[PDB]
Amino acid sequence: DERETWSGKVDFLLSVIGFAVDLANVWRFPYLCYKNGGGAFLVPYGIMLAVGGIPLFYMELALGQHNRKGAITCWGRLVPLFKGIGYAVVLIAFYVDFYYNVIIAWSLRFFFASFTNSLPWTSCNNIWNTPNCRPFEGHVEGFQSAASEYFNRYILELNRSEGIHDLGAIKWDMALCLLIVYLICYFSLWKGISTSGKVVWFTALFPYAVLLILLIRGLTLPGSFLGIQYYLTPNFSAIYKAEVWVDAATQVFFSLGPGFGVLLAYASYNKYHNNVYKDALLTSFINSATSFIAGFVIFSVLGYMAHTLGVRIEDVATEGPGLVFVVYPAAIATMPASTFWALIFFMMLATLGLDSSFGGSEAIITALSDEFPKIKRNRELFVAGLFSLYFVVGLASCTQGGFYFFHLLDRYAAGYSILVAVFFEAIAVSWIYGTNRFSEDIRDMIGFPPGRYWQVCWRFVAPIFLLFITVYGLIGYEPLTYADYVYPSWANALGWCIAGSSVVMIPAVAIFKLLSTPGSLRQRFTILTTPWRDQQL
Amino acid sequence: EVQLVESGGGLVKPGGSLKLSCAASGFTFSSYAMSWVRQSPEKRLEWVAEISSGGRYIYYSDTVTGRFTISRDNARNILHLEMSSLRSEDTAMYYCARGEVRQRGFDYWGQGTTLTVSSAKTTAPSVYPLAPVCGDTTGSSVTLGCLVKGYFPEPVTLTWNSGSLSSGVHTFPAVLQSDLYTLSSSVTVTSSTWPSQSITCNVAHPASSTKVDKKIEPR
Amino acid sequence: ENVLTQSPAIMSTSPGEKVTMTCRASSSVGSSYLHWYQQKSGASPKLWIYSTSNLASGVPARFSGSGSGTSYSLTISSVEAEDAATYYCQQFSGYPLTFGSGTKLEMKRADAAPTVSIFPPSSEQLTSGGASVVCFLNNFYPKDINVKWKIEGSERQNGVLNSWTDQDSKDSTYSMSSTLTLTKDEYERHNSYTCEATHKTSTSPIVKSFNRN
Ligand SMILES: CC(C)CCC[C@@H](C)[C@H]1CC[C@H]2[C@@H]3CC=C4C[C@@H](OC(=O)CCC(=O)O)CC[C@]4(C)[C@H]3CC[C@]12C
Ligand SMILES: CC(C)CCC[C@@H](C)[C@H]1CC[C@H]2[C@@H]3CC=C4C[C@@H](O)CC[C@]4(C)[C@H]3CC[C@]12C
Ligand SMILES: OC[C@H]1O[C@H](O[C@H]2[C@H](O)[C@@H](O)[C@@H](O)O[C@@H]2CO)[C@H](O)[C@@H](O)[C@@H]1O
Ligand SMILES: *[C@@H]1O[C@H](CO)[C@@H](O)[C@H](O)[C@H]1NC(C)=O
Ligand SMILES: C[C@H](N)Cc1ccccc1
Ligand SMILES: [Cl-]
Ligand code: NA
Ligand code: NA
């Protein structure tokens, strides 16, 4: 204080909704519903949302609004022994920027690709095609669809790479798209939230315009009801299995943003007596509701593919990049006015990703802006240096073998790491700092204590929720592979480095902080577990 | 159930200092924020200070800030208001009040404890019988009276026949005049009842250790 | 500081009648932050209506509350004698927390004339050097009444103390005590003492008096 504040509350809400709603709302939630008993999946999903996701989501938002600092300073002021959590969270967000932007660039690349009266990925008689190409998805690996070969052999040129050891030529048309993304991010974030919170009005709202248009074209298609059937038809037999609850737990956790320091930074610009609890609920709800909607958008079209284009539903119903960059564009191309559906689809994909990259970077800038007045004074300079380091290292993912690089980070950069970070975040808040202090902090802000429900969830449910995900994510571990390629053991260990490079800050910094403090070790856990709020009276 | 008990009030000279206390019980005192609210002799309610459930957030009215200090003993369940350089404007009944939710208000209150800030010295009342004039019965009933004059500070305890006689009793609130309260009571009983049976006005003023009784005879 | 002004200040009502009372803030108050307390005579305040509309525990359905921004109101749909008290509104939208100035609610009833009585100084007091005549005026309605002392036929205005009781919870009447104090020397320098109460019930003042036998 003085600390800059949101130019208006809608800016905050859209920044948060924009961060939380991204591509996985489209390319994973509907797939999980289809795979796990249809609308029955909503039960495990809703329970995980209620006892795990939203409480963690609420917590970080309240915590950021109360302590009014970014992730490093905040965790340091709250429990100095764990200042490292702020460092861990910061460079997890740092790694994620190295690859996640590439998805946006692919979106722009397909967008620039659809300025035409006849979409390229339609047919199997192009220079990049293979003797084995089919018009649509099949179930035999050696025979790709026309859209799959376009993505793979034309956009990516992934066929020309023999692995992560063979990144090949830089692909400048991609680097151009990667640069445009970073320019859009720079001129969105250099001036701070005064413009960043205005930009999100587009990037957070645009997808809903397109979701509506596609939802109508989708549901008017022949076979669209058949798709909705595959999407939502209940089968509670799935609920019996542990793997389904783990799928719900993990989806809930990664879909909401909790513990990345992003919600922390955004809430840190809230007015102190803002009703952060009302904001956390409205915001959670919109995230999940968007996934629900998008599922109709996807499977109406997926149903139209099965009914009309003559393809097994199981072959087109898929997750991840393949759904949005291959299967959906395939369906679009068969439709009248296809060029229009393609241009707004790929635009939606990019705006879906942009709000999210915004939040990741802001978690970083705000964290560093608060630790270091040097960079806070020079924001417009600092981000330019940061996005420059992004663009340069990111050129690796614009190479012909670039997917192999993307896929490596996508697995190791944030996955296992953030779960342990958030696990200590929960443990720090509820048990070191105390739910008592926290509840009291929340009342001083919003006028009432959190219910015993939110308290039980933070203290008990949350940590074993995160524990539940982390353990099944270990027991299910296998060495990294993509399609027929298997990554070399050194590549595997290198990702373990990226994974532990951040997690290690937690015990590292705890060890280093102990060795600058005067007293005996009973005396020293106390000096490092006493909150900054209390030392200053 | 829930009970709050303020204590510690009494006469204090200006500039002096005193410590009020509130004994919480019947609920989990650690969980709730507490406030001191005072009521002046002119019956105005004025919030004084609020302390957090954990005692880490303290607010004061501008009237008492830098003079009062609110405190909290969560182990022994006792709320505290530590006053200093008191002044006559601080004279009031002080209430201790539960108030953890702002959206819900002060849901429970104590019975209050009275602060009086004055330069006046404590002095014992003279109690005078009020027997009726010469003649002139009657009168289905008769009125008797009692005069508690010249005391300070408030309170005094008046009753009749040690409280057996509560019907027909009017006990007037005291009125300060040049640093001395004067008070009076009237009681009416059927003409058969008096002077056939003794009617005593019994008065208590603990601040001055007084304990008078006054039988009323028609001299 | 958000001043809350309440009107009316005092309010008389027949049982069964509707009553409304209002609260005006000098600044906007969120409706979830406006509350009301009732405080019966001689007792602590009780929470009563919280965040505008919400009856507190044990509060009979007669009560209701309404308002927003800078204007709020309490309404009793059909008043009962047990409802006579002072009502205070309050905000928590901002520190310092502030209470309203009060609306004292009171029972209307049919008029009743005072039962005046006059008392000469007690012998215990005259020996003290003092002398206070006393004149009780009991069980009348409405509350307004005007006592007037006379030595001889001359009125005396100086040196008086008047006390009024709170309205009776039983018969809902008012009572008053007037004490005229003199030096014993002034009391003995003269013979006739009178105390007379003009009141609405009668155009003629009600008069009690005594000579020194
Ligand atoms: C499928 C999509 C379109 C909707 C997703 C459903 C969720 C938005 C719903 C289902 C379960 C709901 C929860 C059901 C039980 C409650 C208890 C409720 O408890 C309290 O009132 C706390 C006390 C306080 O106010 O402090 C808080 C909301 C919550 C967690 C709900 C949060 C919203 C939830 C997650
Ligand atoms: C896609 C179709 C089916 C549904 C469209 C959903 C749209 C209209 C919904 C979803 C999220 C909503 C927004 C969520 C955030 C706010 C904050 C609030 O203070 C103003 C309204 C506003 C801006 C909402 C406007 C309407 C909104 C954009
Ligand atoms: O969608 C195919 C369409 O454009 C292609 O041109 C490329 C261009 O060569 C690249 O440099 C890129 O940046 O822009 C286009 C992306 O597709 C074909 O060359 C063109 O004939 C065709 O219409
Ligand atoms: C299709 O039309 C677009 C104009 O929208 C043009 O750019 C493109 O070159 C056309 N394709 C062919 C094969 O001519
Ligand atoms: C929670 C978002 N859906 C995923 C994300 C994206 C970028 C950074 C962090 C997290
Ligand atoms: Cl989701
Ligand atoms: Na999401
Ligand atoms: Na987004």
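Alphabetical chain letters, starting from A, follow the order of the sequence lines given. Since chain A takes its numbers from the PDB entry, the residues it shows come out as 25-161, 203-602. Chain B is numbered as in the PDB entry; shown residues: 1-219, in order. By the PDB entry numbering, chain C shows 1-213, in order. Values reported hereafter were calculated over all heavy atoms of this structure, with side chains retained and with hydrogens, waters and symmetry mates removed. Both counts, for ligands and for their atoms, begin at 1 and track the order of listing.
Structurally, the main neighbour of ligand 5 is the chain that the PDB entry identifies as Transporter.
The drug name recorded for ligand 5 is D-amphetamine. Other chains with a heavy-atom distance under 4.0 Å to D-amphetamine are given as A.
The PDB lists the organism for chain A as Drosophila melanogaster. Measured against 4.0 Å, the other ligands and ions close to D-amphetamine are ligand 7 (sodium ion).
The residue-level binding site of D-amphetamine (heavy-atom cut-off 4.0 Å) is A:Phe43, A:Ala44, A:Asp46, A:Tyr124, A:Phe319, A:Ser320, A:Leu321, A:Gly322, A:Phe325, A:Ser421.
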